[PDB]
K.L.:
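Got a structure for you, written out below as structure tokens; questions coming shortly.
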Number of protein chains: 2
Amino acid sequence: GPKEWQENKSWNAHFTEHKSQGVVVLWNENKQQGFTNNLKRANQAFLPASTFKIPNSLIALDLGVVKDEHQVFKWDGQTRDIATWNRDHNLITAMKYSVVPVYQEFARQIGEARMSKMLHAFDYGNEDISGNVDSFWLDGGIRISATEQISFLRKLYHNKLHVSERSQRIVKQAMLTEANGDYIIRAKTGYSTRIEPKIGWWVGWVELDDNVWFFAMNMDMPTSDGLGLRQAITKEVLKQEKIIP
Amino acid sequence: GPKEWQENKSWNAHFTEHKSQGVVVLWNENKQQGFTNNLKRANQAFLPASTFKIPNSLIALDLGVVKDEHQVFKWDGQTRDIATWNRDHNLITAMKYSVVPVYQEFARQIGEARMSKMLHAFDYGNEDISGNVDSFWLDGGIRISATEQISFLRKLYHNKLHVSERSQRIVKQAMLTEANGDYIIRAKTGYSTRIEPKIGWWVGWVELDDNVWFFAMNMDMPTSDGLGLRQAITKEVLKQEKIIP
Ligand SMILES: *C(=O)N1C[C@H](NOS(=O)(=O)O)CC[C@H]1C(=O)NOCCN
Ligand SMILES: *C(=O)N1C[C@H](NOS(=O)(=O)O)CC[C@H]1C(=O)NOCCN
Ligand SMILES: [Cl-]
Ligand SMILES: [Cl-]
Ligand SMILES: [Cl-]
């Protein structure tokens with residue numbers, strides 16, 4: 001009978017066409033079935049890098065570190081390499097421009113004891129926060145696979161994480177990436193650069209009228225010049241599968 | 001001293017270019033200033049028609065008539081003129097396809113006494129539900145102006161309406177119309193067809209990185225062939241004002 005996970009190796013052509021290597025994982029929520037070009041890499045756990053902004057946001061909101069999505073976190077005045085980081089942000093714009101220093105402040109205020117407890121409650125990856133509480137997702141011990149990202153996102157979608165429904169709704173709002181009459185994408189990018197292998201991430205879901213497709217992709221990323229391929233390769237797969245036009 | 005409300009008659013050219021007549025009203029939230037091509041029509045009160053799905057959704061959720069935005073409302077098997085209505089819906093798709101029969105059932109469950117009480121609590125328009133409990137917003141006594149639509153939407157944006165924050169967040173999600181890196185539009189269309197003058201509505205807001213612009217427009221609409229002009233004329237104004245590219 002039907003399998004929970006199937007391999008579609010033809011998706012490899014979208015990686016090969018872009019001289020890239022990696023994995024796309026899709027989950028069809030209505031059918032409760034998943035699909036991937038590489039089931040082994042789908043289960044390979046990596047540093048989450050900026051995709052950790054999703055659980056970090058949830059925990060900061062539920063503990064009151066962040067009051068709501070419009071509370072301002074002022075620039076600390078240190079000029080950093082990414083110009084959009086050198087300004088004041090709220091939760092929405094800090095996720096959109098992936099403003100690491102704002103989320104490091106969130107993590108410091110959460111603190112290691114509460115961070116560990118909440119990642120255990122979330123069943124999140126290997127749940128390991130060894131390192132600095134404000135960098136373990138960049139250069140510490142936490143690891144999460146693409147399929148574990150989907151597991152986490154499915155709980156978030158259904159408001160079933162062990163945090164308030166309010167925090168889950170706010171974070172799903174902050175994840176909004178694209179919307180038109182054909183679909184809504186809620187997602188977060190990431191780029192793990194400090195520990196080899198350097199990889200790019202894109203995790204989230206596509207909302208249709210009558211279904212939701214969760215996705216999690218990662219790919220080898222030796223330089224930042226290829227970062228647009230995270231979304232491009234994913235969208236090529238979504239187009240091949242007739243999920244988006 | 002600066003003016004809270006200012007008239008910009010140059011927007012009339014966008015109506016004339018499309019052989020149309022109507023009003024666009026904008027509110028700049030950061031500046032606390034409003035702008036319109038027609039100050040009198042901005043304050044004239046009309047039937048809300050399908051823009052009433054915003055307060056109706058809020059009331060249905062807060063009263064428990066609708067449990068959440070994924071609860072399925074099954075098609076009643078009656079084949080109606082609009083093909084997208086002849087389907088099962090949830091709150092998200094019922095708002096998107098503006099599925100009147102679903103919202104008439106909400107209104108019947110709410111009932112006259114609770115509907116009236118809640119519209120008074122919302123300060124919604126003239127607060128008058130005279131007529132049929134399931135059609136007063138189409139052919140009964142309720143009236144709301146474009147400026148009153150903005151007032152109501154600003155309360156919704158800030159979670160200040162007299163319903164749970166949860167219901168307000170769910171409805172703001174259901175209002176999602178378009179999103180890209182440049183802006184998010186949350187809005188609801190309507191077409192008042194039963195009492196003259198027939199008018200098209202578009203009410204909502206445009207979220208930018210650092211500001212939000214509320215808008216409410218209505219325009220004479222003798223035929224459904226012109227309904228695309230509601231968004232087109234509004235967007236021409238937003239482009240003229242450099243709010244969207
Ligand atoms: C997170 O992965 N970040 C922050 C920022 N994210 O941009 S995105 O990859 O488009 O979401 C830039 C890349 C990455 C970092 O540079 N983080 O700090 C160093 C650890 N990789
Ligand atoms: C509400 O304004 N409705 C329902 C539907 N809305 O579509 S929209 O105008 O694009 O938002 C069509 C127009 C209008 C009605 O006609 N409603 O009356 C009951 C069905 N004729
Ligand atoms: Cl981060
Ligand atoms: Cl949203
Ligand atoms: Cl309606």
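Residue numbers begin at 1 in each chain, while the letters A, B, ... track the order of the sequences. Order of listing sets the numbers, starting from 1, for every ligand and every atom in it. Worth knowing before you read on, the calculation uses all heavy atoms, side chains too, and leaves out hydrogens, waters and symmetry mates.
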K.L.:
Not sure I'm reading this right - what drug is at ligand 1?
P.N.:
nacubactam (bound form)
K.L.:
What would UniProt call the macromolecule that lies against nacubactam (bound form, ligand 1) with the most contacts here?
P.N.:
Beta-lactamase OXA-48
K.L.:
Which other chains sit close to nacubactam (bound form, ligand 1), with any heavy atom less than 4.0 Å away?
P.N.:
A
K.L.:
Among protein heavy atoms, which sits nearest to atom 1 (C) of nacubactam (bound form, ligand 1), and what does the distance come to when rounded to 0.1 Å?
P.N.:
A:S50 OG, 1.4 Å
K.L.:
With heavy-atom distances below 4.0 Å as the criterion, list the atoms of nacubactam (bound form, ligand 1) near A:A49.
P.N.:
2 (O)
K.L.:
Answer yes or no for atom 11 (O) of nacubactam (bound form, ligand 1): protein heavy atom present at a distance under 4.0 Å?
P.N.:
yes
K.L.:
What is the overlap between the beta-lactam-binding residues UniProt gives for chain A and the residues having a heavy atom closer than 4.0 Å to nacubactam (bound form, ligand 1)?
P.N.:
A:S50, A:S98, A:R230
K.L.:
For nacubactam (bound form, ligand 1), which part of A:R230 has a heavy atom less than 4.0 Å away: the side chain, the backbone, both, or neither?
P.N.:
side chain
K.L.:
Starting from atom 15 (C) of nacubactam (bound form, ligand 1), which protein heavy atom do you reach first, and at what distance in Å?
P.N.:
A:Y191 O, 4.1 Å
K.L.:
Which part of A:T189 is near nacubactam (bound form, ligand 1), with near meaning a heavy atom under 4.0 Å away: side chain, backbone, both or neither?
P.N.:
both
K.L.:
Relative to nacubactam (bound form, ligand 1), which UniProt active-site residue of chain A is closest, and at what minimum heavy-atom distance to the nearest 1 Å?
P.N.:
A:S50, 1 Å
K.L.:
Between the candidates A:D81, A:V99, A:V100, A:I82, which shows the shortest non-hydrogen contact distance to atom 17 (N) of nacubactam (bound form, ligand 1)?
P.N.:
A:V100
K.L.:
So, regarding A:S192 and nacubactam (bound form, ligand 1) (criterion: nitrogen or oxygen to nitrogen or oxygen, under 3.5 Å), is there a contact or not?
P.N.:
no
K.L.:
Name the residue and atom that form a covalent bond with nacubactam (bound form, ligand 1); answer none if there is no such bond.
P.N.:
A:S50 OG
K.L.:
Regarding nacubactam (bound form, ligand 1), does A:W85 bring an N or O atom to under 3.5 Å of one of the ligand's N or O atoms?
P.N.:
no
K.L.:
Can you check whether A:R194 has an N/O within less than 3.5 Å of an N/O in nacubactam (bound form, ligand 1)?
P.N.:
no
K.L.:
Looking at nacubactam (bound form, ligand 1), does any of its N/O atoms fall within less than 3.5 Å of an N/O of A:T51?
P.N.:
no
K.L.:
Going by the PDB entry, what is the biological origin of chain A?
P.N.:
Klebsiella pneumoniae
K.L.:
Based purely on interatomic distance, does A:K53 place a nitrogen or oxygen under 3.5 Å from a nitrogen or oxygen of nacubactam (bound form, ligand 1)?
P.N.:
no
K.L.:
In the protein, what heavy atom is nearest to atom 6 (N) of nacubactam (bound form, ligand 1), and what distance, to one decimal place, separates them?
P.N.:
A:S98 OG, 3.0 Å
K.L.:
Quick one: does A:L227 get within less than 4.0 Å of nacubactam (bound form, ligand 1), heavy atoms only?
P.N.:
no
K.L.:
Provide, to 0.1 Å, the distance between atom 21 (N) of nacubactam (bound form, ligand 1) and the closest protein heavy atom, together with that atom's residue and name.
P.N.:
A:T193 OG1, 2.8 Å
K.L.:
Working on a figure here: which residues of other chains come under 4.0 Å of nacubactam (bound form, ligand 1) (heavy-atom distance)?
P.N.:
A:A49, A:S50, A:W85, A:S98, A:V100, A:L138, A:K188, A:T189, A:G190, A:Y191, A:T193, A:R194, A:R230
K.L.:
At less than 3.5 Å, what protein N or O atoms come close to the N or O atoms of nacubactam (bound form, ligand 1)? Include the distances to 0.1 Å.
P.N.:
{"unit_1": "nacubactam (bound form, ligand 1)", "atom_1": "2 (O)", "unit_2": "A:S50", "atom_2": "N", "d": "2.8"}
{"unit_1": "nacubactam (bound form, ligand 1)", "atom_1": "2 (O)", "unit_2": "A:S50", "atom_2": "OG", "d": "2.2"}
{"unit_1": "nacubactam (bound form, ligand 1)", "atom_1": "2 (O)", "unit_2": "A:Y191", "atom_2": "N", "d": "2.9"}
{"unit_1": "nacubactam (bound form, ligand 1)", "atom_1": "2 (O)", "unit_2": "A:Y191", "atom_2": "O", "d": "3.4"}
{"unit_1": "nacubactam (bound form, ligand 1)", "atom_1": "3 (N)", "unit_2": "A:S50", "atom_2": "OG", "d": "2.3"}
{"unit_1": "nacubactam (bound form, ligand 1)", "atom_1": "6 (N)", "unit_2": "A:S50", "atom_2": "OG", "d": "3.2"}
{"unit_1": "nacubactam (bound form, ligand 1)", "atom_1": "6 (N)", "unit_2": "A:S98", "atom_2": "OG", "d": "3.0"}
{"unit_1": "nacubactam (bound form, ligand 1)", "atom_1": "9 (O)", "unit_2": "A:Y191", "atom_2": "N", "d": "3.4"}
{"unit_1": "nacubactam (bound form, ligand 1)", "atom_1": "9 (O)", "unit_2": "A:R230", "atom_2": "NH1", "d": "2.8"}
{"unit_1": "nacubactam (bound form, ligand 1)", "atom_1": "10 (O)", "unit_2": "A:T189", "atom_2": "OG1", "d": "3.3"}
{"unit_1": "nacubactam (bound form, ligand 1)", "atom_1": "10 (O)", "unit_2": "A:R230", "atom_2": "NH2", "d": "3.1"}
{"unit_1": "nacubactam (bound form, ligand 1)", "atom_1": "11 (O)", "unit_2": "A:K188", "atom_2": "NZ", "d": "3.1"}
{"unit_1": "nacubactam (bound form, ligand 1)", "atom_1": "11 (O)", "unit_2": "A:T189", "atom_2": "O", "d": "3.2"}
{"unit_1": "nacubactam (bound form, ligand 1)", "atom_1": "11 (O)", "unit_2": "A:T189", "atom_2": "OG1", "d": "2.6"}
{"unit_1": "nacubactam (bound form, ligand 1)", "atom_1": "21 (N)", "unit_2": "A:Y191", "atom_2": "O", "d": "3.0"}
{"unit_1": "nacubactam (bound form, ligand 1)", "atom_1": "21 (N)", "unit_2": "A:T193", "atom_2": "N", "d": "3.4"}
{"unit_1": "nacubactam (bound form, ligand 1)", "atom_1": "21 (N)", "unit_2": "A:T193", "atom_2": "OG1", "d": "2.8"}

